[PDB]
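Here is the naming used below: chain letters follow the sequence lines, and residue numbers restart at 1 for every chain. So how was this one determined? The header says X-ray crystallography, 1.4 Å. First listed ligand is number 1; within each ligand, the first listed atom is number 1.
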2 protein chains.
Amino acid sequence: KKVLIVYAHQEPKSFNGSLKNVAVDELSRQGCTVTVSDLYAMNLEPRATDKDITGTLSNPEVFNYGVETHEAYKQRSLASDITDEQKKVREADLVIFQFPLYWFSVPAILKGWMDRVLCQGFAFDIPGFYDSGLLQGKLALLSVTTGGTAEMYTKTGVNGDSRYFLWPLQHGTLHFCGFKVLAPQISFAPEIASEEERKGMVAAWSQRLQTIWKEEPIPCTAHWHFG
Amino acid sequence: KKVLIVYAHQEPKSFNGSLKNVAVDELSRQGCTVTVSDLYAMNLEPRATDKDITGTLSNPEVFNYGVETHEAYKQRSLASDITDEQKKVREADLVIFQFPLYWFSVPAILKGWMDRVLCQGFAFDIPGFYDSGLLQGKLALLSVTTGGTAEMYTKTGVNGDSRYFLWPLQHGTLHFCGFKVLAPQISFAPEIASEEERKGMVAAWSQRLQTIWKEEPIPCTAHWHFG
Ligand SMILES: Cc1cc2nc3c(=O)[nH]c(=O)nc-3n(C[C@H](O)[C@H](O)[C@H](O)COP(=O)(O)OP(=O)(O)OC[C@H]3O[C@@H](n4cnc5c(N)ncnc54)[C@H](O)[C@@H]3O)c2cc1C
Ligand SMILES: Cc1cc2nc3c(=O)[nH]c(=O)nc-3n(C[C@H](O)[C@H](O)[C@H](O)COP(=O)(O)OP(=O)(O)OC[C@H]3O[C@@H](n4cnc5c(N)ncnc54)[C@H](O)[C@@H]3O)c2cc1C
Ligand SMILES: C1=C/COCc2cc(ccc2OCCN2CCCC2)Nc2nccc(n2)-c2cccc(c2)COC/1
Ligand SMILES: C1=C/COCc2cc(ccc2OCCN2CCCC2)Nc2nccc(n2)-c2cccc(c2)COC/1
Ligand SMILES: [Zn+2]
Ligand SMILES: [Zn+2]
């Protein structure tokens, strides 16, 4: 089994860093092939621009990012940062995203990974999306950390259910590309937690990874997210 | 009345470009003060990094973006790009976001504007969020374009209701900062639309803007989004 961890945190000593490292440790111990895309260390470009296409654009006068990247994918003329990520995704059986929640979503650097890597022709086609997406047969999992507490992320709490914010990521992105989605790993409020509680949350993640290949996906439906 | 338009499209001749331009024209005609932050033209940095804090002689052993930006805000030592955006927001009565939908969310460059500009001390405090957010008394409005059709973005359509994807943006971001949220402007599927239909969608936005100051905000609730 091949695993790609797309990791989005600036600080190696962070709680996110520890969750990433325990995932490498545990998945490596199992004998999995593991790759980490450390986006901040890579200084990944997040902006969707004409620099993402090498050589001459299909229409140099009016720039249409979607058309140009779709054609570049077909012509093997995407920027090498993009194509390097695509190779990692193509080979992976499981893609784990490890990030702190920023504005009920992914940090911009990770949003940029999604925007630039998951291009038409690679991740989906028309037709060829949702269950027919081009990354069908693969698993994806969101491993998210929050400032807010679990109680705040309940239906009656100030933030609403955590599932509510997952919709654009799980349905709109991962399911759209054909992934099956494993239940999210949400590590609530590490700053509020004691050191030993944080150790427990890292241990919980490690333990979950021991049996990750036996899990069933979640149903990636509006009902799951909002019902 | 002062308006800031935060605009995220690479191509001035785009449908998004036209929506931005009609907004400038209409609001300017009314006598409003209008500013546009053209993120791609500004080459706005989207990544949340230690470069966002100026005047650091020696790097801390552990970098905590949220703590460091909070402190930098209080010390007036944020990067000049951030500071300049904050001044525009501080003065604005209405903030319009004009963007194409990317993965059920904002383009990464706009996500980076949110991540970097809306820092603790400026947009919210702890406590001082949701109805006590620091941008209370201001209005915000999302003007979104999509590839998918209106019918796809219905409860029974493949993408679910358009309101579902608005939650992280409207509740988790804008309401969290204390904004009152005006109903979104969603211009569906301009590529599919005929030239006449496209002109109609631009005219509809301009027409709406004629009376924007008389609108009531939406109730920014789970019921509004998911009911
Ligand atoms: C721009 C921005 C937007 C945000 N938006 C949101 C939002 O929408 N919703 C929300 O809820 N929160 C939000 N937050 C808060 C953010 O999600 C949290 O601050 C983040 O998830 C905390 O994770 P961390 O890895 O940075 O924590 P850290 O601060 O690294 O974790 C706390 C401590 O854990 C320690 N630690 C590291 N490894 C271990 C280990 N193995 N065992 C024990 N301790 C360890 C660290 O040393 C550190 O002292 C936002 C923050 C920012 C900056
Ligand atoms: C990375 C990525 C992710 C995406 N994710 C999603 C998603 O999650 N959901 C989704 O639905 N879509 C998604 N899309 C599609 C994207 O949202 C649409 O392509 C975008 O909204 C179209 O807006 P535009 O301004 O680029 O259109 P354009 O292609 O510029 O507009 C269509 C036509 O309108 C013309 N036009 C411009 N101004 C006028 C005028 N005044 N009058 C008449 N015609 C005019 C233009 O010349 C053009 O021919 C995604 C695209 C990308 C690249
Ligand atoms: C909760 C806010 C409380 O602070 C959490 C918290 C939050 C941040 C940094 C540290 C931190 O707890 C650091 C630890 N602090 C110790 C006591 C209070 C938390 N920063 C931050 N920045 C932008 C948006 C949000 N949070 C944001 C947006 C929406 C919803 C939330 C956060 C989370 O629910 C609302
Ligand atoms: C609809 C897919 C149809 O293509 C729309 C469409 C899509 C794109 C570019 C142009 C475009 O219509 C340009 C005009 N097209 C050319 C022929 C007619 C439609 N690109 C794109 N890229 C990444 C993700 C998504 N869309 C994405 C993710 C989730 C949901 C959707 C899109 C939207 O619902 C699913
Ligand atoms: Zn789904
Ligand atoms: Zn709300």
Which bound partner of ligand 3 is the main one by contact count, according to the PDB entry? Ribosyldihydronicotinamide dehydrogenase [quinone]
Drug at ligand 3: what is it called? pacritinib
For pacritinib (ligand 3), which other chains have at least one heavy atom closer than 4.0 Å? A, B
Just to check, does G147(A) reach to within less than 4.0 Å of pacritinib (ligand 3) when the distance is taken from its heavy atoms? yes
Which UniProt FAD-binding positions in chain A have any non-hydrogen atom closer than 4.0 Å to pacritinib (ligand 3)? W103(A), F104(A), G147(A), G148(A), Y153(A), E191(A)
Nearest protein heavy atom to atom 27 (C) of pacritinib (ligand 3), by residue and atom, and its distance? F176(B) CZ, 3.6 Å
Starting from atom 16 (C) of pacritinib (ligand 3), what is the nearest protein heavy atom, named by residue and atom, and what distance separates them? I192(A) CG1, 4.0 Å
Atoms in pacritinib (ligand 3) flagged as close to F104(A), the criterion being non-hydrogen separation under 4.0 Å: 29 (C), 30 (C)
So, regarding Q120(B) and pacritinib (ligand 3) (criterion: nitrogen or oxygen to nitrogen or oxygen, under 3.5 Å), is there a contact or not? no
Identity and distance of the protein heavy atom lying nearest atom 10 (C) of pacritinib (ligand 3): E191(A) OE2, 4.0 Å
Under 4.0 Å from atom 34 (O) of pacritinib (ligand 3), is there at least one protein heavy atom? yes
Should you measure from each heavy atom of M152(A), which atoms of pacritinib (ligand 3) turn up under 4.0 Å away? 1 (C), 34 (O), 35 (C)
Students should be able to answer this: which protein heavy-atom is nearest to atom 20 (N) of pacritinib (ligand 3), and at what distance? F124(B) CZ, 3.8 Å
Show which atoms of pacritinib (ligand 3) fall inside a sub-4.0 Å distance from at least one heavy-atom site of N159(A). 30 (C), 33 (C), 34 (O), 35 (C)
Would atom 14 (C) of pacritinib (ligand 3) count as contacted, meaning some protein heavy atom under 4.0 Å? yes
Proximal atoms of pacritinib (ligand 3) relative to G148(A) (non-hydrogen, under 4.0 Å): 33 (C), 34 (O)
What protein heavy atom sits nearest atom 4 (O) of pacritinib (ligand 3), and how far away is it? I126(B) CD1, 3.4 Å
Which UniProt Zn(2+)-binding residues in chain A are reached by pacritinib (ligand 3), meaning they have a heavy atom under 4.0 Å away? none
Within 4.0 Å (heavy atoms only), which residues surround pacritinib (ligand 3)? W103(A), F104(A), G147(A), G148(A), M152(A), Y153(A), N159(A), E191(A), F124(B), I126(B), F129(B), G172(B), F176(B)
